[PDB]
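Following the PDB entry, chain A residues are numbered 1-14, 16-56, 59, 61, 67-86, 88-122, 124-131, 133, in order. As a basis for the values below, the full set of heavy atoms in this structure was taken, side chains included, without hydrogen atoms, waters or symmetry mates. Going by what the header records, the deposited coordinates were determined by X-ray crystallography, 2.2 Å. Counting convention: from 1, in listed order, for ligands and their atoms alike.
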Amino acid sequence: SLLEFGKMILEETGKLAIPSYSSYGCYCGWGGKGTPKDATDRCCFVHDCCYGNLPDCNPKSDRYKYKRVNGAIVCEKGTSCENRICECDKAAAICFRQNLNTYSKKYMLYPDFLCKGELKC
Ligand SMILES: CC(C)Cc1ccc([C@H](C)C(=O)O)cc1
């Protein structure tokens, strides 16, 4: 769920999910279209695609458990939707950490009309 996702992001980046990653680019947070603006926005796009592979799960409200083993994120065993949701989020958080150096404030609150395009998962 969002709860877990938000806390993973903070632990990983030292940034709060809202609002550093909830209105960024074309996909972070409220996506649907266009070309992702940078590496961080691409993390969000792949994250959307990851969720997109679980039609019958509810990644926003279904809660899972994970633990840190030294720095590593380890998803604990829950239902099959939970395991798979956690793997999607874990990847997004690492992707965020990896591109933290190009994170740009120019992309916060990015306007909808500039998200245009077509990009298939
Ligand atoms: C963090 C808080 C603002 C929740 C939030 C943000 C964006 C979305 C979109 C609709 C999505 O997840 O597809 C859902 C929930």
| request: Identify the drug located at ligand 1. | output: ibuprofen
| request: State what ibuprofen is bound to in this structure, picking the chain with most contacts and naming it per the PDB entry. | output: Phospholipase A2 VRV-PL-VIIIa
| query | In the protein, what heavy atom is nearest to atom 15 (C) of ibuprofen, and what distance, to one decimal place, separates them? | reply | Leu2 CD1, 3.8 Å
| message | How far is atom 3 (C) of ibuprofen from the closest protein heavy atom, and which atom is that? | response | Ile19 CD1, 3.0 Å
| Within-cut-off N or O pair, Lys69 and ibuprofen, under 3.5 Å | yes
| task | Could you tell me which atoms of ibuprofen, counted from 1 in the order shown, lie closer than 4.0 angstrom to a heavy atom of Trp31? | result | 9 (C), 10 (C)
| Can you find a protein heavy atom closer to atom 6 (C) of ibuprofen than 4.0 Å? | no
| Which bit of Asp49 gets closer than 4.0 Å to ibuprofen, counting heavy atoms only: side chain, backbone, both or neither? | neither
| request: From the options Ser70, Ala18, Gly30, select the one whose nearest heavy atom is closest to atom 8 (C) of ibuprofen. | output: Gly30
| request: Please provide the UniProt active-site residue in chain A nearest to ibuprofen and the shortest heavy-atom distance, rounded to 1 Å. | output: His48, 7 Å
| query | Could you tell me which residues UniProt lists as binding Ca(2+) in chain A have a heavy atom under 4.0 Å from ibuprofen? | reply | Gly30
| ibuprofen: binding-site residues, heavy-atom cut-off 4.0 Å | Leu2, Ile19, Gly30, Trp31, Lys69
